[PDB]
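The following structure: sulbactam (bound form) with Beta-lactamase.
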Number of protein chains: 4
Amino acid sequence: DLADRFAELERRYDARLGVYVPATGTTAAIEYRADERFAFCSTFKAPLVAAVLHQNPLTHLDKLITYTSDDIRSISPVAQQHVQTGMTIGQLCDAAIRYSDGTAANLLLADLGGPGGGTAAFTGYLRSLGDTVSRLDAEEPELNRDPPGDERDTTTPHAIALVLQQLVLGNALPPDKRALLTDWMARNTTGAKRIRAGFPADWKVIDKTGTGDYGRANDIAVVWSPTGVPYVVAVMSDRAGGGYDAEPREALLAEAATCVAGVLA
Amino acid sequence: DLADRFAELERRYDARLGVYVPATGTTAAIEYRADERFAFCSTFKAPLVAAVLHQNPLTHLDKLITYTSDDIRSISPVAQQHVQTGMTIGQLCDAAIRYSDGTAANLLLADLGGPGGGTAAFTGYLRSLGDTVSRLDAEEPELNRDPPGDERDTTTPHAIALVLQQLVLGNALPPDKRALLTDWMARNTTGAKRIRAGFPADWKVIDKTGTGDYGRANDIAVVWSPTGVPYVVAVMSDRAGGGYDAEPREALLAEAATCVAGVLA
Amino acid sequence: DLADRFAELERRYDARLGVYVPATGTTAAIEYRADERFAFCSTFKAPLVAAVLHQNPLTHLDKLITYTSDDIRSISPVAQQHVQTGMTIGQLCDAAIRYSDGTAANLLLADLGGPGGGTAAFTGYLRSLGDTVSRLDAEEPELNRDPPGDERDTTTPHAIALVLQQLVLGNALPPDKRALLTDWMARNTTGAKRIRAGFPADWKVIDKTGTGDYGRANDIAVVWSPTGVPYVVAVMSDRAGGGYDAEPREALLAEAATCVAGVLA
Amino acid sequence: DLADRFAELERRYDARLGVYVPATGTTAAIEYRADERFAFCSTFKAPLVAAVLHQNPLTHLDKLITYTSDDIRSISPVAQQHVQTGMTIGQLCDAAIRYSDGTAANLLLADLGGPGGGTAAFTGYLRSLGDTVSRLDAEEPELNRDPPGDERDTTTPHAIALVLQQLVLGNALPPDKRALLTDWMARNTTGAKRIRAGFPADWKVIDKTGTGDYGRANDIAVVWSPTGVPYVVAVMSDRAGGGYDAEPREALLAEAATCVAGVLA
Ligand SMILES: *C(=O)/C=C/N[C@@H](C(=O)O)C(C)(C)S(=O)O
Ligand SMILES: *C(=O)/C=C/N[C@@H](C(=O)O)C(C)(C)S(=O)O
Ligand SMILES: *C(=O)/C=C/N[C@@H](C(=O)O)C(C)(C)S(=O)O
Ligand SMILES: *C(=O)/C=C/N[C@@H](C(=O)O)C(C)(C)S(=O)O
């Protein structure tokens, strides 16, 4: 009967809440709008880094990439400060995950190559991981402002949680590459008020946030209980009824994570 | 059903969980063995300090009390450093709440005066708050050693929660005296791994812990939601099956408070 | 003295360092190459929006400005996503201060009006604050790429400090317009590795950075001691011996700010 | 001329200040009352843990130590909650450093073995490292209330900084034991408003604090530059002119640390 509390949070925040938690040997899966489509936003930056790491040897992280002023089309708090110096693949992976750097994600997508600047190649990496519903059709910041009902650049809480499970807890990556992604998400600096704020301090939380227009605000995370049991939590939400200028509500994601924590205790 | 999760941690930690959260205008009351009798242990020092504040004026806190080395009976991290100087009533209140000092509580009990070192006077104060169930018959450290089934020095999560609601949230004390009591519990240094560990960091938590033999571990608390809504959480537990030297499981209290936080979210 | 440490980092980083801390009532004035001219770079946007605040009332902030793709010339993380909808006056101020948007600054210069994109109007506001030395002649991205020795688009560490002192601590703007200017500089997102990284955490730091070619890296800041004492710190630097594409060294600005924080404590 | 700022801090805070920083290869040695005697306070718990580490193998840290209520003679936030279950030697080393547990330090002194609870063995360990000035004669908390002028339980900022240098940067311990002591001092929870508050955030600071009567406030630490250069900072202070109940001033230690940070920059 956890769907009642989730439905009450939707009424309180005027939002559509989507929550999925994969099942464990001891607990059942938590599902609220798990198979509904929400916008990817910056949450695609976590499997994108894994895609770059998967198709390249570890030595590729030192390849320097140079870009111009016209490449910075969205908020890039790190790419903005290295236009003259350039950036390696590893620095692009660090900025895309920890600071949600918009330009870093577009260069990482271009590093994947192929049509669409790497969007079709990234979606192919999800299909190889069993993901059958997610899709990425544009770059930043276009993928954030898709109209409601448009299935472009959307995923499901059920789909993105399984992808995050194989990248961190599964064997989709070797231990050396998987340890790089886990450390990057563990030091994320944009999710202090989302899933991290809903879980107690003794719980470990690595995450990658995502914000867009129409009040969109998601956060995919892997949590560790104080005893050490790992759970994957996928929380996504939008407020498309409020319009394009709808303000996201980070408290809804923090409140939903507090509901999930009581069930996982 | 929260009672099912409240019935698993008993089997998981081999304990007897007692939870009570007084109902508010928006939320219902959380009950699990709420009317079952649990030992006061060191939690009685919260209504004990409020008793001294109730009968005595503000200037009574500056009254010095002397004591010899014979009066130090239980754990007294502060009393073992003022045997030559003595402590004023205010210091004994600060030591009894924040550090759970055993000798300070015995001195505050004798400060109430009466039969048995101020125990009957203490129970008499509990009766004025409408609590006719709880009782205190012994002094430190004998009240922690009462065998199970015995009703001496016992209380219930139902009756101690309403008492804390009257003292901290109600009008049991005038505002200037109530501000002093809340500050001491807000700076408690013995409850980091109990209710404070089970609630998210953005929740304010004041508490007074209680430990004892037979695996007794209690924590009565008044928590505040990130929006400012106040609740009262009373969690008590023991493991009488493990014998006299049963080990108290602090993780059971912290894990129980997370369940309460989920429903209260 | 401080001048010898200020003469060491220049050798450590192969740069030309310029510091100025205007004297307050308590301590003296820290000066090192204070009157030597350094490039304005993106630091001119701090007094720019203050000029737009001064000669227009508060209702002018709501004025909409429509622009095309050809107007995007320098880096513009915020201005590049509002080509169809346009931006307001206040939105251009927030983007030019917090994100150092080049397009927003070139539009703010045009909003002040006048000849040559209104650069003389900008300097037409500096002498009114007493600044005789500083000058601005070009728009982005041309003011950043002036050759060394040229005096166009230059100020001095002595010249832009007292203006920042007048604009944050003096009486240059009314309180209604002062609150907005200070808030925008406190939420700056382009200078976490400069003066902010040099001062301890308990020091409030508002700033507006500036970076350009020839290894030019500036940061003007108003810091507050843990006790509430305000100070104006202006650190400008270039590397005019390494070519047009010399790498700017942010570490020198953070080390110089630490060398300023020592005497101020 | 850095001794001029240390004197003004002595004048402003009404306290005697002791500061020593051992000279590295690039910088010189910073001294201010470095050879004067200051009380040990809780700073002796850093070499005490290293003493137990040095005299015993790694698996000795798993030995369970049991104690009674009488062993809690000072503030012991960790030992007070483990009277029933007991504490291992590894847990005693953690609590003595991170939480400055009083009972844990006394038990570790007994683990060293020797006359008067093992204080003669701890002093002998300091003589082994080359320290011929420091001395420990009392236990907790008697070593904190010594009168001014007494050499009992005192060291010097010059001697304690050289002891801490070999224990962390030197090779007084093998890398396995040395990594445990460094990790414990890195996660200290009692020095937030002392040396840590005086250094920029991008400097890594491990430390152990000390506080006692007569306004005594010490903090020994090892800091790391943003580039990775290590320095040892020993800051001690008292206010013995203010009497037994003289309040300590943590801001004096934080302000003196900011002066050292600017010189080491
Ligand atoms: C994730 O990829 C984020 C984009 N950032 C959003 C934000 O809330 O800052 C936008 C859509 C507003 S942006 O293009 O900066
Ligand atoms: C508060 O009054 C005390 C509970 N005392 C326990 C403790 O953990 O300190 C005992 C059982 C150890 S005690 O009889 O002091
Ligand atoms: C102020 O806003 C500065 C722009 N300066 C440079 C920068 O790194 O941001 C450039 C390279 C964009 S300048 O191109 O002419
Ligand atoms: C280590 O230096 C401290 C022991 N405790 C002191 C403190 O300030 O925490 C005292 C002075 C309170 S004590 O004598 O326990």
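Chain naming here is simple, since letters A, B, ... match the order of the sequence lines and numbering starts at 1 in each. Just so it is clear, the values below take in all heavy atoms, side chains as well, and ignore hydrogens, waters and symmetry mates. Just follow the structure's listing: the first ligand is 1, and inside any ligand the first atom is 1.
Other chains near sulbactam (bound form, ligand 3) (heavy atoms under 4.0 Å), by letter: A, C.
Summary of contacts: the protein heavy atom closest to atom 10 (C) of sulbactam (bound form, ligand 3) is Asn144(C) ND2, 4.4 Å. The source organism recorded in the entry for chain C is Mycobacterium tuberculosis. In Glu142(C), neither the side chain nor the backbone holds a heavy atom less than 4.0 Å from any atom of sulbactam (bound form, ligand 3).
In the entry as deposited, the covalent bond from sulbactam (bound form, ligand 3) ends at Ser42(C) OG.
Here the shortest heavy-atom distance to atom 6 (C) of sulbactam (bound form, ligand 3), taken over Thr211(C), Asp245(C), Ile72(A), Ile75(C), belongs to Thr211(C).
Heavy atoms within 4.0 Å of sulbactam (bound form, ligand 3) belong to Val83(A), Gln84(A), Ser42(C), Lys45(C), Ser74(C), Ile75(C), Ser100(C), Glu140(C), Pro141(C), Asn144(C), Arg145(C), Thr211(C).
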Once you restrict both partners to nitrogen or oxygen, which atoms of sulbactam (bound form, ligand 3) have a protein partner under 3.5 Å, and how far apart are they?
| unit_1 | atom_1 | unit_2 | atom_2 | d |
| --- | --- | --- | --- | --- |
| sulbactam (bound form, ligand 3) | 2 (O) | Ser42(C) | OG | 2.1 |
| sulbactam (bound form, ligand 3) | 2 (O) | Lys45(C) | NZ | 2.5 |
| sulbactam (bound form, ligand 3) | 2 (O) | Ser100(C) | OG | 2.7 |
| sulbactam (bound form, ligand 3) | 2 (O) | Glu140(C) | OE2 | 2.9 |
| sulbactam (bound form, ligand 3) | 5 (N) | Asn144(C) | ND2 | 3.2 |
| sulbactam (bound form, ligand 3) | 5 (N) | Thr211(C) | O | 2.6 |
| sulbactam (bound form, ligand 3) | 14 (O) | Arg145(C) | NH2 | 3.1 |
| sulbactam (bound form, ligand 3) | 15 (O) | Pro141(C) | O | 2.9 |
| sulbactam (bound form, ligand 3) | 15 (O) | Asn144(C) | ND2 | 3.2 |
| sulbactam (bound form, ligand 3) | 15 (O) | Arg145(C) | NE | 3.3 |
| sulbactam (bound form, ligand 3) | 15 (O) | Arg145(C) | NH2 | 2.9 |

